[PDB]
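Drug present: sertraline.
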Amino acid sequence: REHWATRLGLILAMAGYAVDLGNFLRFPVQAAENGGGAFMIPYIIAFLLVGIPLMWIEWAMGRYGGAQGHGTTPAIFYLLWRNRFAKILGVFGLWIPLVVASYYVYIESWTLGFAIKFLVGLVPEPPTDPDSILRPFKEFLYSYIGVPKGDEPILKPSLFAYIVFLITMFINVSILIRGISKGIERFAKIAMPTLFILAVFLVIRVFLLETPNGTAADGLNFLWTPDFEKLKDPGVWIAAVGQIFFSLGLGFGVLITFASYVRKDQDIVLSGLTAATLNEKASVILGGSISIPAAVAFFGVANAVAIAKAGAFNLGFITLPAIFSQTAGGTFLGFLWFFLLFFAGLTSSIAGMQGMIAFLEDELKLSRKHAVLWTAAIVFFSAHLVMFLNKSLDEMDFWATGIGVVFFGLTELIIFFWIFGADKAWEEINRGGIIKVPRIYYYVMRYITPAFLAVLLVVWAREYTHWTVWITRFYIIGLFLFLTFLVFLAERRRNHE
Ligand SMILES: CN[C@H]1CC[C@@H](c2ccc(Cl)c(Cl)c2)c2ccccc21
Ligand code: NA
Ligand code: NA
C-alpha cells in the first residue's frame, strides 16, 4: 500500500484539502451575517465540541482501515460493523465525494479560466456608480458560465470555459496519477507555501487600499465587530455548526481515505490538530482580511451589509474582479486572486477524487493508472450535467453537501463509537499519538458530538423547485445504485479468491 513520505507532507496535504475557496469567501460572509466577531463564540464552540472530535474519528477510522488495505467506507464500515447494512451505509462515503467532484472541478476550472483571462488582459474595462461597474463583470462571468438568457434551464458555456475544464481535469489527473507521495504530497509541499505567499501579498496590498468611499480598516472594522444580540438566534448557532463541517471537510469520507495512507502506529492526534489549525488560521487571518475589507474599502461601509447579503460567490467572481479593474495594476491582482483560488481548489479536488481511486485500487484491484483514468472519465461525464443543465449544480450540492455530509458524519460517529465500541475506538484514536487526547473528549465524542449533529439534523429537515431537478435526482440516484453494484462486485471477487 502507498504511504505518506514525511509528516510535514501529511499535514500539508491534509491542510491542502481543507483550505479552499470557502476559507476566503464563505467564512467571512457567514461571520458578517451572524454577529461579526460575536460569531466567533458559537464558531469556536463548534470547533471544539464537533469539528475536532469528528476529525480525529475519521483519522482513526482511516488509519484503522488503512492498516488492512482498505481506504474507503464501504470496507471500513464493515470492519467496524460486520453487517449488510454497514456496507450500504458506507456507499455514501464514496457517493458523496463523487457527486461533489462532478461540480467542484468545474468551479475550479473557472478560477483557472479567469486567471488566464485576467493575466492576458481579456477582462471588461468599465465605465461612476456601483451598478455601472458591477454589470460589466456580472455579464463577463455569465458569458463564461453560459447563464440562460431565456426561460429554458439550459446553460451554454463558452468554448473557452469548456476547454479550461478539460485542461483543469488534465491537471488533476497529472497529480493523482503519480500517487500519494510523489504526487499529492509532492504538490502539497509546493502549493501550500505558494498559497500562503499569495494570501499574504493580497492582505498587504488590501490594507493599502484607499478610496473616497473608505479604507481597509473599515472592512476589518465592520467584519469583526461583535453583534452579541444575534447569539440569541439559534440559526446563528446552526450556521456555526454547519460551517465547521464545511470548513474542515467532515462527512466527505476524504479524511478517512487520506488518513488511510498514514502508517499503523504513526500519530494522528497531533497531526490532525495541526492541519485543523492551519485551516482555521487561514480563514480568520488570511481570508477575512482580503475579501470583505477590499469590498467595504471600495464601496464604503454603507454597503457592507448589502455586499455580505449578496453572497460569497458574487463577492469573489463579480464584486472583487470589478474592484480590481479600478485599482492600480489591478489586472495583475485579478490574476493573483484567481490563481490563489485555483490552487485552493486543486489541493482539494485531488483529495476528493482519491476516494474513488482508492476504492478501485483496494477493492477492485485496479492499477493506479486505470483507477485514476476511470475516475476521471466518470467525473468528466457527470460534470456535463452540471455544465449544461441549469440548477443541476444546486441540486447535487444540496443532497451531497447539505444533507449528505451531515448525515454521513453522524453515521461515522455511531458506527465507530457506539457500534464498534467506544473503548476500542478511543484507543484507536490515541494510539501512536505524540500527544494524548484529553480525557474529557471521551464524553464529547460519545454524547455531545452526536447530539449536536442530531439536533442540527432535525432543523435542516424541518426548515427544508422545477421539474428538471428530477433529471439531476435521477442521475445522482443512479450513481448510488451503480456504486452499490461495484461494492457488490468487490465482495464477489473476494469470495472467489
Ligand atoms: C472542506 N471544505 C472545502 C474543502 C474541499 C472541497 C471538496 C470536498 C470534497 C470533494 Cl470530493 C471535493 Cl472534489 C472537493 C470542498 C467542497 C465542498 C465544500 C467544501 C469544501
Ligand atoms: Na476550510
Ligand atoms: Na485546497
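In this chain, residues are counted from 1 in sequence order. These numbers come from the heavy atoms of this one structure, side chains and all, not from hydrogens, waters or symmetry mates. Just follow the structure's listing: the first ligand is 1, and inside any ligand the first atom is 1. This entry, so its header tells us, was determined using X-ray crystallography, 3.2 Å.
One finds sertraline in this structure at ligand 1. Lab note: main contact partner of sertraline (name per the PDB entry) = Transporter. Site of sertraline with heavy atoms closer than 4.0 Å: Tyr17, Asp20, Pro97, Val100, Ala101, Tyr104, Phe246, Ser247, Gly249, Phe252, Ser348, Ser349, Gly352.
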